[PDB]
Novice: 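Structure with sulbactam, see below.
Position 1 is the first residue of the sequence, and the numbers go up from there. Counting starts at 1 for both ligands and their atoms, in listed order. Side chains are part of it too, since the values below use all heavy atoms of this structure and drop only hydrogens, waters and symmetry mates.
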Amino acid sequence: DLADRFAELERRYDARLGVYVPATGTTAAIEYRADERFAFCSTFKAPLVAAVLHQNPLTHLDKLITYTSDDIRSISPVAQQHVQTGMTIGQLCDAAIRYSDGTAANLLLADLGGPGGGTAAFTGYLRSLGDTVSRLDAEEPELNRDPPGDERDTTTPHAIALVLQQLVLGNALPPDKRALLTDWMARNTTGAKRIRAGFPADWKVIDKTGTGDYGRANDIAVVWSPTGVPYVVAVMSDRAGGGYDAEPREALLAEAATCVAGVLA
Ligand SMILES: CC1(C)[C@H](C(=O)O)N2C(=O)C[C@H]2S1(=O)=O
């Protein structure tokens with residue numbers, strides 16, 4: 001029956017909607033176009049941070065990187081200011097999760113090393129988790145620019161909810177490292193109007209946003225009930241009908257999350 005509202009919301013905002021919530025002991029998985037392929041956009045920058053953290057000791061974060069003003073290419077609120085200081089690996093992690101800083105992301109790919117500036121190694125890293133579906137291919141900004149139909153730079157609600165589960169609630173990082181990821185996602189600034197705006201205020205919310213062309217709007221989050229029961233919620237959207245220059249409708253994500261809340265209480 002919840003399938004009738006997702007499709008109802010799909011009809012209202014002229015969109016395609018993806019939705020996965022892993023299952024608990026006490027609630028069944030929520031599925032809508034779950035195993036269907038959506039574009040990452042800026043959602044990759046979350047698992048990327050666990051990638052550095054994991055193949056790197058806690059002393060790495062105080063390593064400094066310098067960069068030319070010809071590396072700065074995507075939206076980069078934090079990067080274009082520090083072009084003369086540099087940014088330590090750690091600051092680049094804060095940047096890339098809290099502000100979606102596009103350059104910071106590209107340098108953290110470079111820091112994984114190997115072919116196609118560290119995309120090979122970063123899909124690499126997704127496979128250690130179980131994800132044999134998702135795959136990053138380009139750097140910022142082409143991964144947002146891909147045409148709808150393309151299998152490149154894509155994941156699924158099913159695939160990415162499961163990755164997140166393992167990184168925040170799971171044990172795919174040791175507790176010391178697991179705390180940085182979660183704190184950075186907990187003071188994200190880009191999420192105000194998506195999953196956060198659909199759940200009541202006494203639920204706590206950590207999230208990493210993504211936006212693209214062809215109407216792409218994306219949120220992956222971990223949420224906590226007033227009693228402290230966690231869950232994982234993945235919402236993904238696009239609007240190819242509207243053109244390459246389609247507008248992304250944020251309301252659609254916040255509506256869908258209110259639907260999910262109804263079910264989780
Ligand atoms: C600049 C982008 C490629 C992309 C874009 O070009 O549309 N921007 C958004 O809407 C989020 C930012 S981004 O993903 O860094």
Novice: What does the PDB entry call the chain with the greatest number of heavy-atom pairs under 4.5 Å to sulbactam (ligand 1)?
Specialist: Beta-lactamase
Novice: What residues contact sulbactam (ligand 1) if the heavy-atom distance limit is 4.0 Å?
Specialist: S42, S74, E140, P141, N144, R145, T211, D213
